[PDB]
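Presented below is the structure to which this report refers.
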Amino acid sequence: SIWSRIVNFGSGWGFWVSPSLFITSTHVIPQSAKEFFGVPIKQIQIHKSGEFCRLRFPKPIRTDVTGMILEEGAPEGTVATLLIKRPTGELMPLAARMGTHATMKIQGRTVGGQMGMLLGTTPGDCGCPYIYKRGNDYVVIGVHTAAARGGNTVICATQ
Ligand SMILES: *[C@@H](CC(=O)OCC)[C@H](C[C@@H]1CCNC1=O)NC(=O)[C@@H](CC(=O)[C@@H](NC(=O)c1cc(C)on1)C(C)C)Cc1ccc(F)cc1
(Lines of atoms letter the chains of each structure in order from A and count residues from 1; the text may use other names and numbers.)
(Lines give C-alpha, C1' and ligand atoms only; values in the text may rest on other atoms or scores of the structure.)
Protein backbone atom coordinates (compact mmCIF):
# COMPACT_ATOMS: atom_id res chain seq x y z
CA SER A 1 0.00 0.00 0.00
CA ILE A 2 2.86 2.35 0.82
CA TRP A 3 4.06 1.18 -2.60
CA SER A 4 0.89 2.70 -4.10
CA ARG A 5 2.25 6.11 -3.02
CA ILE A 6 5.12 5.79 -5.55
CA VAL A 7 4.06 6.77 -9.07
CA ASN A 8 5.67 7.36 -12.45
CA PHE A 9 6.63 11.04 -12.66
CA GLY A 10 8.44 12.35 -15.73
CA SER A 11 11.68 10.44 -16.25
CA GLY A 12 11.59 9.20 -12.65
CA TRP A 13 9.18 8.84 -9.73
CA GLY A 14 7.42 10.75 -6.98
CA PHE A 15 5.84 10.05 -3.62
CA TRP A 16 2.61 11.14 -1.92
CA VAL A 17 3.63 12.19 1.58
CA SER A 18 -0.05 13.09 2.11
CA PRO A 19 -3.23 13.46 0.03
CA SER A 20 -1.97 16.93 -0.97
CA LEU A 21 1.84 16.74 -0.74
CA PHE A 22 3.88 15.16 -3.55
CA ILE A 23 7.69 15.10 -3.58
CA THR A 24 10.14 14.21 -6.35
CA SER A 25 13.60 14.91 -7.75
CA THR A 26 14.27 18.28 -9.38
CA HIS A 27 15.91 16.43 -12.31
CA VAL A 28 12.74 14.39 -12.93
CA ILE A 29 9.85 16.88 -12.85
CA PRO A 30 8.45 17.54 -16.36
CA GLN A 31 9.68 21.05 -17.07
CA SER A 32 7.15 21.91 -19.80
CA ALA A 33 3.97 20.60 -18.14
CA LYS A 34 0.80 22.66 -17.76
CA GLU A 35 -0.98 20.08 -15.57
CA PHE A 36 -0.27 17.44 -12.93
CA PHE A 37 -2.89 14.82 -12.02
CA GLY A 38 -5.48 16.98 -13.78
CA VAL A 39 -4.65 20.12 -11.76
CA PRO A 40 -3.56 23.27 -13.65
CA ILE A 41 0.06 23.94 -12.73
CA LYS A 42 -0.78 27.55 -11.86
CA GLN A 43 -2.83 26.06 -8.99
CA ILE A 44 0.09 23.95 -7.72
CA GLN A 45 2.58 25.46 -5.24
CA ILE A 46 6.05 24.15 -6.12
CA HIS A 47 9.10 24.68 -3.92
CA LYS A 48 12.61 23.58 -4.90
CA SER A 49 15.49 23.00 -2.45
CA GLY A 50 18.40 21.75 -4.52
CA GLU A 51 17.27 18.36 -5.80
CA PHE A 52 14.26 18.16 -3.44
CA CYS A 53 11.07 19.08 -5.32
CA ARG A 54 7.90 19.68 -3.29
CA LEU A 55 4.42 19.95 -4.83
CA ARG A 56 1.55 21.21 -2.68
CA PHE A 57 -1.78 20.71 -4.43
CA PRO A 58 -4.77 22.98 -3.76
CA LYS A 59 -7.21 20.15 -2.99
CA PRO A 60 -6.50 16.64 -1.65
CA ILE A 61 -5.67 14.27 -4.52
CA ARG A 62 -4.93 10.91 -2.85
CA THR A 63 -7.84 10.75 -0.42
CA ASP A 64 -7.01 7.11 0.35
CA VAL A 65 -3.67 7.85 2.04
CA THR A 66 -2.72 9.24 5.43
CA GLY A 67 -0.23 12.02 6.09
CA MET A 68 3.28 10.78 6.82
CA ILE A 69 6.08 12.27 8.90
CA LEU A 70 8.62 14.14 6.76
CA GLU A 71 11.99 15.15 8.20
CA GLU A 72 15.32 16.51 6.94
CA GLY A 73 17.27 13.27 6.70
CA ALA A 74 17.72 10.59 9.34
CA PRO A 75 20.01 10.29 12.37
CA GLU A 76 23.49 9.14 11.43
CA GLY A 77 23.82 5.37 11.22
CA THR A 78 20.10 4.82 10.60
CA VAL A 79 19.48 1.88 8.27
CA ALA A 80 16.89 3.28 5.86
CA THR A 81 14.75 1.66 3.18
CA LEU A 82 15.07 2.96 -0.39
CA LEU A 83 11.74 2.06 -2.01
CA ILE A 84 12.68 1.62 -5.67
CA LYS A 85 10.07 0.87 -8.34
CA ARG A 86 11.17 -0.25 -11.78
CA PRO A 87 9.34 0.39 -15.08
CA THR A 88 8.51 -3.31 -15.11
CA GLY A 89 6.55 -2.70 -11.91
CA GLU A 90 8.95 -4.80 -9.83
CA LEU A 91 9.28 -3.73 -6.20
CA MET A 92 12.87 -3.32 -5.01
CA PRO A 93 13.30 -2.32 -1.36
CA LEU A 94 16.96 -1.55 -0.71
CA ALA A 95 18.68 -1.25 2.66
CA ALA A 96 20.88 1.83 3.03
CA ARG A 97 22.81 2.88 6.14
CA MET A 98 22.38 6.66 6.18
CA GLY A 99 25.45 8.80 6.75
CA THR A 100 26.40 12.43 7.22
CA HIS A 101 24.20 15.39 6.30
CA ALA A 102 25.92 17.93 4.08
CA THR A 103 25.84 20.41 1.23
CA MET A 104 27.46 18.31 -1.52
CA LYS A 105 28.65 19.15 -5.03
CA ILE A 106 27.23 16.77 -7.64
CA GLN A 107 28.19 17.26 -11.30
CA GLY A 108 29.03 20.88 -10.53
CA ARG A 109 25.74 21.64 -8.75
CA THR A 110 25.18 22.20 -5.03
CA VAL A 111 22.94 19.65 -3.29
CA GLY A 112 21.67 19.47 0.27
CA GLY A 113 21.06 15.94 1.44
CA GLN A 114 22.47 12.90 3.19
CA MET A 115 24.97 10.32 1.98
CA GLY A 116 24.06 6.67 2.29
CA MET A 117 25.62 3.27 1.70
CA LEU A 118 23.70 0.43 0.08
CA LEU A 119 24.00 -2.67 2.25
CA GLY A 120 22.04 -1.13 -7.26
CA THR A 121 20.44 2.11 -8.45
CA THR A 122 20.01 3.36 -12.01
CA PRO A 123 19.04 6.56 -13.89
CA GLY A 124 15.30 5.89 -13.84
CA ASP A 125 15.20 5.47 -10.05
CA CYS A 126 15.39 9.17 -9.17
CA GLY A 127 12.52 10.57 -7.14
CA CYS A 128 12.02 7.36 -5.14
CA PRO A 129 11.77 7.82 -1.36
CA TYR A 130 13.96 6.93 1.57
CA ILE A 131 11.99 5.76 4.61
CA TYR A 132 12.73 4.30 8.04
CA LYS A 133 10.55 3.16 10.93
CA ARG A 134 10.73 5.03 14.26
CA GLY A 135 8.51 3.34 16.83
CA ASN A 136 5.16 2.71 15.14
CA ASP A 137 5.44 5.55 12.60
CA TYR A 138 7.21 5.48 9.26
CA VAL A 139 9.27 8.58 8.47
CA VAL A 140 10.12 9.97 5.02
CA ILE A 141 13.58 11.55 4.92
CA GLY A 142 14.02 12.38 1.23
CA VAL A 143 14.20 11.21 -2.37
CA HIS A 144 16.90 9.49 -4.41
CA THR A 145 18.91 11.91 -6.55
CA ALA A 146 22.40 10.50 -7.28
CA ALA A 147 24.86 7.65 -6.79
CA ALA A 148 28.63 7.64 -7.16
CA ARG A 149 30.17 5.63 -9.98
CA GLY A 150 32.64 4.09 -7.54
CA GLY A 151 31.48 1.91 -4.67
CA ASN A 152 28.26 2.02 -2.66
CA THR A 153 27.27 5.67 -2.21
CA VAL A 154 23.72 6.93 -2.79
CA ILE A 155 22.54 10.50 -2.26
CA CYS A 156 19.20 11.26 -0.58
CA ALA A 157 18.05 14.83 -1.25
CA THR A 158 16.48 16.36 1.86
CA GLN A 159 14.58 19.39 3.18
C1 LIG B 1 18.99 9.99 -11.32
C2 LIG B 1 18.62 11.19 -12.18
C3 LIG B 1 18.77 10.93 -13.65
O4 LIG B 1 18.84 9.84 -14.16
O5 LIG B 1 18.82 12.06 -14.34
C6 LIG B 1 19.87 12.21 -15.31
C7 LIG B 1 20.65 13.46 -14.96
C8 LIG B 1 20.46 9.57 -11.48
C9 LIG B 1 20.74 8.30 -10.71
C10 LIG B 1 22.12 7.66 -10.92
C11 LIG B 1 22.41 7.28 -12.37
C12 LIG B 1 23.31 6.04 -12.25
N13 LIG B 1 22.91 5.48 -10.98
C14 LIG B 1 22.23 6.33 -10.19
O15 LIG B 1 21.78 6.10 -9.08
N16 LIG B 1 21.27 10.68 -11.02
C17 LIG B 1 21.98 11.47 -11.83
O18 LIG B 1 22.04 11.34 -13.04
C19 LIG B 1 22.73 12.59 -11.12
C20 LIG B 1 24.22 12.48 -11.33
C21 LIG B 1 24.81 11.19 -10.81
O22 LIG B 1 24.13 10.36 -10.24
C23 LIG B 1 26.34 10.94 -11.01
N24 LIG B 1 26.73 10.83 -9.61
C25 LIG B 1 27.50 11.71 -8.94
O26 LIG B 1 28.00 12.71 -9.42
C27 LIG B 1 27.71 11.40 -7.50
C28 LIG B 1 28.64 11.98 -6.61
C29 LIG B 1 28.37 11.38 -5.43
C30 LIG B 1 28.97 11.47 -4.07
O31 LIG B 1 27.34 10.53 -5.59
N32 LIG B 1 26.92 10.57 -6.88
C33 LIG B 1 26.65 9.79 -11.94
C34 LIG B 1 27.99 9.16 -11.63
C35 LIG B 1 25.55 8.72 -11.94
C36 LIG B 1 22.19 13.93 -11.68
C37 LIG B 1 22.46 15.13 -10.82
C38 LIG B 1 21.98 15.20 -9.52
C39 LIG B 1 22.22 16.30 -8.72
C40 LIG B 1 22.95 17.35 -9.24
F41 LIG B 1 23.19 18.41 -8.46
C42 LIG B 1 23.45 17.33 -10.53
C43 LIG B 1 23.20 16.21 -11.31
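Count residues from 1 along the sequence. Only this structure's heavy atoms are used, side chains among them; waters, hydrogens and symmetry mates stay out. For ligands, and for the atoms within them, numbers begin at 1 and follow the listed sequence.
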Query raised in the report: Looking at contacts alone, what is the main macromolecule next to ligand 1, by its name in the PDB entry?
Result: Peptidase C37
Query raised in the report: What's the drug at ligand 1 called?
Result: rupintrivir (bound form)
**Report entry** Closest to atom 37 (C) of rupintrivir (bound form, ligand 1) (judged by heavy-atom distance), picking from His27, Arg149, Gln107
**Finding:** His27
Query raised in the report: For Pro123, is at least one N or O under 3.5 Å away from an N or O on rupintrivir (bound form, ligand 1)?
Result: yes
Query raised in the report: Backbone or side chain, does any N or O of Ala148 fall under 3.5 Å from an N or O of rupintrivir (bound form, ligand 1)?
Result: yes
Query raised in the report: So which bit of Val154 gets within less than 4.0 Å of rupintrivir (bound form, ligand 1), heavy atoms only: side chain, backbone, both or neither?
Result: neither
Requested in this report: Run down the list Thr121, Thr110, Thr145 and name the one with the heavy atom closest to atom 16 (N) of rupintrivir (bound form, ligand 1).
Outcome: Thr145
Report task. Provide the number and element of each atom of rupintrivir (bound form, ligand 1) under 4.0 Å from a heavy atom of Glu51. Result -> 39 (C), 40 (C), 41 (F)
Query - Minimum non-hydrogen distance to atom 21 (C) of rupintrivir (bound form, ligand 1), winning option of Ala146, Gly112, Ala157 - result: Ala146
Requested in this report: Indicate, as side chain, backbone, both or neither, the part of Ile106 found under 4.0 angstrom from rupintrivir (bound form, ligand 1) when only non-hydrogen atoms are considered.
Outcome: both
Requested in this report: Can you sort out which atoms of rupintrivir (bound form, ligand 1) are near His144, meaning under 4.0 Å from one of its heavy atoms?
Outcome: 15 (O)
**Report entry** Enumerated rupintrivir (bound form, ligand 1) atoms positioned under 4.0 Å from heavy atoms of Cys126
**Finding:** 1 (C), 2 (C), 3 (C), 8 (C), 9 (C), 16 (N)
Query raised in the report: With backbone taken as N, CA, C and O and side chain as the heavy atoms from C-beta onward, which portion of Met115 lies under 4.0 Å from rupintrivir (bound form, ligand 1): side chain, backbone, both, or neither?
Result: neither
Query raised in the report: What covalent connection, given as residue and atom, links rupintrivir (bound form, ligand 1) to a chain here?
Result: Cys126 SG
Query - Sub-4.0 Å heavy-atom contact, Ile155 with rupintrivir (bound form, ligand 1) - result: yes
Requested in this report: Please confirm whether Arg109 comes within less than 3.5 Å of rupintrivir (bound form, ligand 1) when only nitrogen or oxygen atoms on both sides are compared.
Outcome: no
Query raised in the report: Using a non-hydrogen cut-off of 4.0 Å, what is the binding site of rupintrivir (bound form, ligand 1)?
Result: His27, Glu51, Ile106, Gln107, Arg109, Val111, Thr121, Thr122, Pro123, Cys126, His144, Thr145, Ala146, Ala147, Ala148, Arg149, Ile155
